[PDB]
Q: 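Below is a structure I'd like to ask you about.
Residues: numbered from 1 along the sequence shown. When the header is checked for method, it gives electron microscopy, 2.9 Å. Read the numbers this way: they start at 1 and go in the same order the structure lists the ligands and their atoms. Every heavy atom of this structure was used, including side-chain atoms; hydrogens, water molecules and symmetry mates were not.
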Amino acid sequence: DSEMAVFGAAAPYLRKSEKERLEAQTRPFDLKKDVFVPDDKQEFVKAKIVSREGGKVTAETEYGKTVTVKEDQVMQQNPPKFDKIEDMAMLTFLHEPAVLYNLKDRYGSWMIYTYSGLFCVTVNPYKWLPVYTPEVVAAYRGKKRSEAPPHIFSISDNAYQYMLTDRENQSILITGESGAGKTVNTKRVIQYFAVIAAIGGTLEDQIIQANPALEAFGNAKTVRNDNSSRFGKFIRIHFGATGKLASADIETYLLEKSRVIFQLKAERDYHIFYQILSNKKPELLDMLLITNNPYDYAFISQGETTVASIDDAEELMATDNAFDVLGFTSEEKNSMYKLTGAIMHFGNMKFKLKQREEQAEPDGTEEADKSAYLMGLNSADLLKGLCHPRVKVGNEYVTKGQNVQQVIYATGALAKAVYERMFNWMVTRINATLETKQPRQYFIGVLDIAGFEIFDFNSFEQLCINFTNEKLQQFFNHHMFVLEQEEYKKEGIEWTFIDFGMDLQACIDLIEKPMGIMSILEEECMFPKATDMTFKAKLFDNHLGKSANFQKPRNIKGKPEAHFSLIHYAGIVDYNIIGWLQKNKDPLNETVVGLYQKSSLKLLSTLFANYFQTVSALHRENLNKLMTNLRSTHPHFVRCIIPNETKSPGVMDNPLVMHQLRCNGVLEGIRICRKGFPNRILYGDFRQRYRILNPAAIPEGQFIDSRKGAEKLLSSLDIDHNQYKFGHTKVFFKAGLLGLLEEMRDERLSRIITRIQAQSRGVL
Ligand SMILES: Nc1ncnc2c1ncn2[C@@H]1O[C@H](COP(=O)(O)OP(=O)(O)O)[C@@H](O)[C@H]1O
Ligand SMILES: CC(C)n1c(=O)cc(N[C@@H](C)c2ccccc2)[nH]c1=O
Ligand SMILES: [Mg+2]
């Protein structure tokens, strides 16, 4: 394309040049001979047929191996004009290796985005490409998918075009495992709308800073990613009737609060703890009494304290500035540092047994003094209330003396709760900005849940995020395959139902329903003498041999102990039950929480102002609230693919990519676009939009039924009359026909305006 000059230096990474296009069309190729054949180490390899034995085929691979395969299992290659094409729905042969090798060949030229009919696939580059500069934001503005190469800016503007045209709320549903590119692609959508609203500022910059401010406190280094978002996020970008940006809401779903006090080896705590320390920043290490290196503050010192990909000194100032731009006042910004400083000291407190009483006493009090000073508490009351809490059972009060191991747990639970409530506060404080009281009518909702994880030790939080991913997959499955085909039968289109097999309700019912895994947790936390082995027994008794997705654990040697295994969509996940009743119930020491309410630090008193509704129950209802509100939107999906486990750029592993293409239903999602009628318009809206293509077809002032007008109009265009169908109230278009009708509309808008201009000369 000669128009690629508007994309500047980004152009080689968005489209192949015409110099490369002429090489593609001049490849040696025989349509009868060039085929894909399966292989073990890499899922499919290109091959050339050398002989035929009826239903058996034998072929020579790209790597010179001989192979023999059955005729149902060998799949024709696309001819070389379909090299690296931008939308895989337009291929002539559509199958697994056609999608695999089209993505691999685009990614090998660093064209990381590809369309898949109605949705887009993103393959993670471990290299910052220049395709995201604000000249490319300008270059994507108002271009259609028929024009511009695929990009996250294309999806953003396409959703924005639907929002204004349909007058319907839109959503961008970004999906993928951990390490896939979900968070930066979220940021680019947020960058796109902000810069477009700047090209038209304070709200535009603040919306951009809202991400790195939350990343300091909400992201952490994990084995799959150095910047894993330990919280799910939904961003509603709000627009007015004229389409200009008007507000944003951030909502966050479930922070991994156990990370605050516990980390596995080979992973970090949250970035905030290490970035304060690693700059050795003179003001913060004196104000927070945290003078040391990180290996002595117990809560953060386990795991890894340094990561090569992150220069914590520069990331500190980036997020310190982020809170400045978001208008956190000096006392607020200092206070939220103070609580992170206190939490570091709060894990160093030492307790010992009193010599006869089976009761804890403080062993060392210097680190409690530091904690109480920063938290504005009284240190004597803190240590007393931590060891000897008052508990009440109606009007009866009694002191229960804590043992040394369970006062340590009480310090852990309090440290988690301060951090969680401070992170929740910070979100509400970011949403105190960004709400600008400008009027709004529509939103585009960008979702970036915590992606799917399989660790060497999976716990209750890994269950919550993997459940959240499975629900969002079933949202895709229901929208693409069930709700789509219901509308064909509802409108009376000649359609016979196709079973794609993409259904997950058996595994969601195993978790959600009132006898499922989480429903056992909400009652087993209520019985005071229940235990984790009592839970595991009741869990197995209800589900082992009664749900196909609930299996016995497969403990391989060397890996830790796991107590059951779930057959999730993205893979089998083995879960350890220890602590789940405590984690679900979340009992805080009410005496020390009473000290927190009386804190001199204005933040800490606010966090615990106002403190049956277990965290699994809250999660399930927040997630069910989300997807009911999400069904009231037009969804755009972005499939983020991690190509490679080792994080090395441009390297791509075919089994790991194919696993993600299969379980995300990518091939099926294209097939319903090719087979079905993916575009459709009400006859009233069709007449409203496209009468300009042939104004003589539908003469107005006479009454005409909307169905009767549209049926006449569509025959006169000289588009293919087989590419559309008529329903009771909608016309239904095949894959490419709306893209053709829009191009026909824009050239006819261009023709009429230039002739209006010609008349504006003709009057002179
Ligand atoms: N589009 C991209 N361009 C450049 N680097 C990327 C891109 N997508 C991902 N990466 C690399 O992968 C890292 C992790 O991606 P991220 O979005 O944080 O993962 P997740 O999908 O788990 O949210 C990024 O910080 C960066 O190093
Ligand atoms: C995704 C699909 C179901 N669809 C369409 O196929 C057309 C829609 N509306 C028309 C009026 C339109 C045409 C061109 C650009 C934007 C919107 N809406 C839609 O929702
Ligand atoms: Mg993330």
Q: Drug at ligand 2 - which one is it?
A: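 The PDB calls it mavacamten.
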Q: Name the macromolecule with the most heavy-atom contacts to mavacamten in this structure, as the PDB entry names it.
A: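 The main partner is Myosin-7.
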Q: Can you figure out which UniProt domain of chain A lines most of the contact region for mavacamten?
A: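 The answer is the UniProt domain Myosin motor.
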Q: Within 4.0 Å (heavy atoms only), which residues surround mavacamten?
A: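 By heavy-atom distance, that gives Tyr162, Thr165, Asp166, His634, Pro678, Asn679, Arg680, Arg689, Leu738, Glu742.
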